[PDB]
Amino acid sequence: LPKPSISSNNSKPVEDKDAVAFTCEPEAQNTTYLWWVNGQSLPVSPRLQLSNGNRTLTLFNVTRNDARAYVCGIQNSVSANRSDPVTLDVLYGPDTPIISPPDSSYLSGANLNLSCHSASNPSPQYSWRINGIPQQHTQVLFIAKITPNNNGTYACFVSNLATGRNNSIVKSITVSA
Amino acid sequence: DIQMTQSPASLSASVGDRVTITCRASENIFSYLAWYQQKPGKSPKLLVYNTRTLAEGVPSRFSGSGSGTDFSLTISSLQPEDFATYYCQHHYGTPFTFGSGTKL
Amino acid sequence: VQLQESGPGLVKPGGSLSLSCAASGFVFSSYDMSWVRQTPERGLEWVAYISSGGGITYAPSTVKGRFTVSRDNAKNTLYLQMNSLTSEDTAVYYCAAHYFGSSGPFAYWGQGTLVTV
Ligand SMILES: *[C@@H]1O[C@H](CO[C@@H]2O[C@@H](C)[C@@H](O)[C@@H](O)[C@@H]2O)[C@@H](O[C@@H]2O[C@H](CO)[C@@H](O[C@@H]3O[C@H](CO[C@H]4O[C@H](CO)[C@@H](O)[C@H](O)[C@@H]4O)[C@@H](O)[C@H](O[C@H]4O[C@H](CO)[C@@H](O)[C@H](O)[C@@H]4O)[C@@H]3O)[C@H](O)[C@H]2NC(C)=O)[C@H](O)[C@H]1NC(C)=O
Ligand SMILES: *[C@@H]1O[C@H](CO)[C@@H](O[C@@H]2O[C@H](CO)[C@@H](O)[C@H](O)[C@H]2NC(C)=O)[C@H](O)[C@H]1NC(C)=O
Ligand SMILES: *[C@@H]1O[C@H](CO)[C@@H](O[C@@H]2O[C@H](CO)[C@@H](O)[C@H](O)[C@H]2NC(C)=O)[C@H](O)[C@H]1NC(C)=O
Ligand SMILES: *[C@@H]1O[C@H](CO)[C@@H](O)[C@H](O)[C@H]1NC(C)=O
Ligand SMILES: *[C@@H]1O[C@H](CO)[C@@H](O)[C@H](O)[C@H]1NC(C)=O
Ligand SMILES: *[C@@H]1O[C@H](CO)[C@@H](O)[C@H](O)[C@H]1NC(C)=O
């Protein structure tokens with residue numbers, strides 16, 4: 001018996017806007033099909049639906065926790081056939097950016113080294129603004145040999161082209177001497 | 001992985017003629033395509049990044065468009081300076097793959 | 001915005017070479033960079049990637065190893081190391097910066113250096 005194969009609605013579904021579907025090839029007559037989810041069979045929940053007589057899988061409310069391996073298997077007396085595991089990639093939107101040096105104050109002459117982390121599925125589009133004027137289009141903002149009162153509000157802007165949503169964090173940095 | 005194919009292999013046009021270059025991706029890249037213009041014997045230069053924004057104050061003749069698998073770049077007016085060797089790149093994620101290229 | 005490349009040049013196919021890329025005019029540390037090589041037959045292709053101050057590295061699926069990347073931000077110098085050269089490694093190499101990280105376009109290209117083996 002040929003090994004089953006799997007096909008999907010969307011190779012790269014997006015969080016909170018897309019819905020995925022799964023179809024396994026064999027579609028044999030007088031046969032029963034089942035689905036394995038990371039080694040677990042038939043998770044009973046309205047979110048996961050099975051239609052066309054245990055043939056098509058459907059998943060709504062796609063979130064970042066749906067990245068689980070799915071397998072379609074055919075159940076017969078001697079079939080014992082399961083498709084090769086397939087991994088799903090959820091294109092979830094960017095989270096709240098965090099600036100790794102959480103100190104709100106620095107010393108004179110300290111090398112400003114700010115790293116902005118967003119933890120999105122693709123690499124987020126990073127931009128840095130100082131007092132509202134764009135400065136760079138990178139993730140790490142580096143300023144060396146800072147001058148007293150060159151301070152202000154530094155903003156990391158994080159963008160995702162999959163969802164288009166914004167996410168900006170503004171932190172106030174000042175130095176006395 | 002990701003395969004980029006440029007439909008116009010080569011073409012010729014007169015000065016002041018609207019021209020279009022079309023690139024296609026094997027899989028789905030949302031809006032990450034960019035166009036690189038290379039002069040003969042010169043390094044490539046970036047244009048139309050994120051497929052809708054021009055780069056570094058270049059003239060507004062260039063316009064990128066398209067969503068999904070297919071993308072296009074249009075020049076409304078062609079200047080006496082002959083432009084050629086336009087490449088399309090996806091840079092959605094590693095690995096990065098370029099297009100075949102268009103000579104005009 | 002100056003990015004000057006350098007390489008040993010023509011070498012024995014059984015040898016090895018080390019590339020270098022010096023930077024000036026902009027902050028080297030804050031910018032991620034990568035290696036793009038061009039051949040008259042195949043065209044343009046991407047052969048290396050580096051993040052800020054080391055860290056995550058990526059290589060093309062064609063060859064899992066045989067490529068090493070090392071950047072020194074204090075010296076503003078980015079180095080690529082290759083060994084076990086093959087007849088298809090003849091190309092012109094460019095070191096190019098990045099926007100927005102690893103998901104952005106290739107900006108600030110360099111003059112580049114040719115090499116054959
Ligand atoms: C600006 O900040 C950058 C990051 O800032 C970090 O976070 C803040 C909050 C502070 O805590 C700051 O101290 C942090 O560094 C900073 O970039 C960092 O630079 C250091 C070196 O100065 C890096 O340390 C090196 O780490 C590697 C780990 O290996 C990586 O790569 C492998 C292979 O890909 C992976 O498998 C690993 O998981 C790691 O991801 C070490 O191997 C390396 O060892 C060196 O030192 C030892 C002696 O201890 C020698 O024996 C070795 O030969 C090496 O020479 C370093 O320890 C650090 O990884 C890097 N951060 C990141 C996120 O990559 C940057 O330098 C700051 N300055 C500027 C101007 O940018
Ligand atoms: C994926 O399956 C669904 C149906 O099973 C289809 O796409 C969705 O169709 C519903 C029906 O109204 C829409 O509400 C959703 O917005 C659709 N999802 C999208 C557009 O992402 C379709 O048959 C399959 N393919 C795609 C691309 O959706
Ligand atoms: C703006 O510059 C003024 C300079 O008058 C800073 O005020 C004082 O600056 C000296 C030397 O830098 C420090 O020793 C004092 O502690 C500062 N006075 C304070 C903090 O009350 C001021 O800090 C700078 N930054 C601002 C106003 O945000
Ligand atoms: C996610 O679930 C909630 C409640 O279960 C529902 O209201 C919402 O419409 C779902 N999201 C999508 C995109 O359907
Ligand atoms: C799937 O098969 C089982 C047992 O045959 C049973 O639940 C039903 O007949 C089929 N459909 C669903 C939705 O379970
Ligand atoms: C939000 O969307 C994009 C960034 O992805 C940007 O063009 C737009 O100006 C942003 N709006 C804000 C930050 O208010």
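Each chain gets a letter, A, B and so on, in the order the sequences are listed, and its residues count up from 1.
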Colleague: Provide the name, as given in the PDB, of the drug at chains B and C.
Modeller: tusamitamab
Colleague: Just trying to sort out this structure - which chain has the greatest number of contacts to tusamitamab (chains B and C), name per the PDB entry?
Modeller: Carcinoembryonic antigen-related cell adhesion molecule 5
Colleague: Does the entry name an organism for chain A, and if so, which one?
Modeller: Homo sapiens
Colleague: Counting residues of chain A that contact tusamitamab (chains B and C), which UniProt domain comes out on top?
Modeller: Ig-like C2-type 6
Colleague: Point out which chain of tusamitamab (chains B and C) has the largest heavy-atom pair tally under 4.5 Å with chain A.
Modeller: chain C
